[PDB]
> 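Our group is looking at a structure that contains probenecid; some questions.
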Amino acid sequence: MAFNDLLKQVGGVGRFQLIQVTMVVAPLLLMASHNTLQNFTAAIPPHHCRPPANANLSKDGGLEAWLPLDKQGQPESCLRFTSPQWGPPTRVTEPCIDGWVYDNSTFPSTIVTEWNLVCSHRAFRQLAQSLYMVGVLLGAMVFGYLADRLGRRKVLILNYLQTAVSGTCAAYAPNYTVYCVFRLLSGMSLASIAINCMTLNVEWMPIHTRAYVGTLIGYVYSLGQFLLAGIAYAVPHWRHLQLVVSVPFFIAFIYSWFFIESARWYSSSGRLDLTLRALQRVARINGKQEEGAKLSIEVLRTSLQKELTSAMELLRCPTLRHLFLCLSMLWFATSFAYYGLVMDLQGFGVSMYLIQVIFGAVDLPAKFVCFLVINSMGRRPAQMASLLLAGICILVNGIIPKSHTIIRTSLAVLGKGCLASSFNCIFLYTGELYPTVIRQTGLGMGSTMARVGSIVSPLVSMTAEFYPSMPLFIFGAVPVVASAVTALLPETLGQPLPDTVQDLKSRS
Amino acid sequence: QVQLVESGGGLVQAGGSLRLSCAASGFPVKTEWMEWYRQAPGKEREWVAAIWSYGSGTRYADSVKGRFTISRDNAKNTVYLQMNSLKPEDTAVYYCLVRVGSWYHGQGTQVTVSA
Ligand SMILES: CCCN(CCC)S(=O)(=O)c1ccc(C(=O)O)cc1
């Protein structure tokens, strides 16, 4: 007898068990949107030094006597001549202290156009993303612990409100540092809602629905990134698009006010009166009451007592420390490479919307392929495979000259697809590998190191001035090493599912 | 410092060939960007041709593509520029820079196309 018994007494397929899950996962579309958002908001259009206003722009020669051309015959980025003609009848070059001139051919006005984040102090564009992802990690840690201390419904409400207000005020942000701090807060809320969605849905669902939750969250993630593709194709302005992707959290908060708190959390909290009230409420919503009437305070008291009865021991055990380090390094490398790949599309030639939608399309076949390979051949060999193909994709995309477009785009598409497959594979392997005692904490540690890698990804990508593609070189080098280390670890095709620390050496 | 004295100024009838070279110092002819620009009387100083570092490539102008030749010489640290079938509008004061944007600019050499 456990909570699964009383839940199956209520059900697990009823109207509540579908409406609650679907509403709660509905904002994950915009979660994916916000995570990708900097890519469509921080695009750098072609730009050049603004000629000084004192000199005439028509009779003096035009727009060519001040701006030296580049290697490809395009105007220089952040440099100009002091004088149109240097004839005797000092310094000749000069940075654009009279501002820059952009083009509104494709992108009307983005952040780099609004605040001139080019050449000197151009790293602020990547700094914004890095600080947003720092906020993501800080939220996933502190807000998760606060939720464990207090609950899930109130924490979700706070996450919704914080995300909505942070998005709106970031859209209407006067100064750069204000925008960056607003991104910090937005990530703080967004990671918390992202993790708490999965934890609440896994808590309210029966034992035989974890795979359903996983496939649903993957489908919603892919559809939401497709939704960003569509929205970007709709509105080009960064303020208008930011508000469009920030408002749906604000509206969804209204109907979010009617969530049902986790009965399991209430039982683990030690109080059962509100637990019984919650089961009565869900029975009323599920439309059944004769069977739920027998539910009394002593009924679940006699049902939920077996389960009722961290890091230091995680690092103390040598074998456990080793496998934890390997697993967490895998998480770090995978997330870091994935966000390094997906954050950059400037050097793809093709339109942003088309590459985004084809990225959306590739994910579902990748999910099917990963499920087939894990259910037919195995999980580990598929894992090192996916890393090998992803790494080779990234290196060959890096070395191949920018002139080639179709091959580069298709190869990046394949890399992203196999990387998402590797993401599903690593999540499944981590879930099915760790002993049940530290399984949840192990998932948390893997997620935190993945967030660390995602944090350092923009930092690495910032160093594009040293060599135009060595960020791609590092992005492709990291998961080759990740595959190399993952080549050595115990295999779980015996379905052991260990429950005690003494069992890991038994399998290996 | 760096010297960029250029020589080759003269008056030559159209269709002739004139070799222009800039005397550089303090750097190699294959270690930095090298370009020669022309400033016609009353026109704007437009880029003509360039030579990258370590012979990465050669570029020319739209109105000068297949009209002139840009060559370098690492032995004397100079770049020899020669043109064939000079156009009547090609008469301009030529100059050389030290990179694609650099603090060093040539003194300037004036050439005449005449007829
Ligand atoms: C197989 C599901 C894994 N998930 C984790 C659930 C908390 S997820 O919903 O798909 C997800 C969420 C956030 C990020 C990120 O921000 O990097 C990546 C993946």
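A note on names: the letters A, B, ... follow the listed sequences, proteins ahead of strands, and every chain is numbered from 1. Remember, it's 1-based here, ligands and their atoms both numbered in the order they're listed.
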> List the chief contact partner of probenecid in this entry, with the name from the PDB entry.
Solute carrier family 22 member 6
> Identify all other chains that place a heavy atom less than 4.0 Å from probenecid.
A
> At a heavy-atom distance under 4.0 Å, which transmembrane segments of chain A (UniProt, N terminus first) touch probenecid?
4, 5, 7, 10
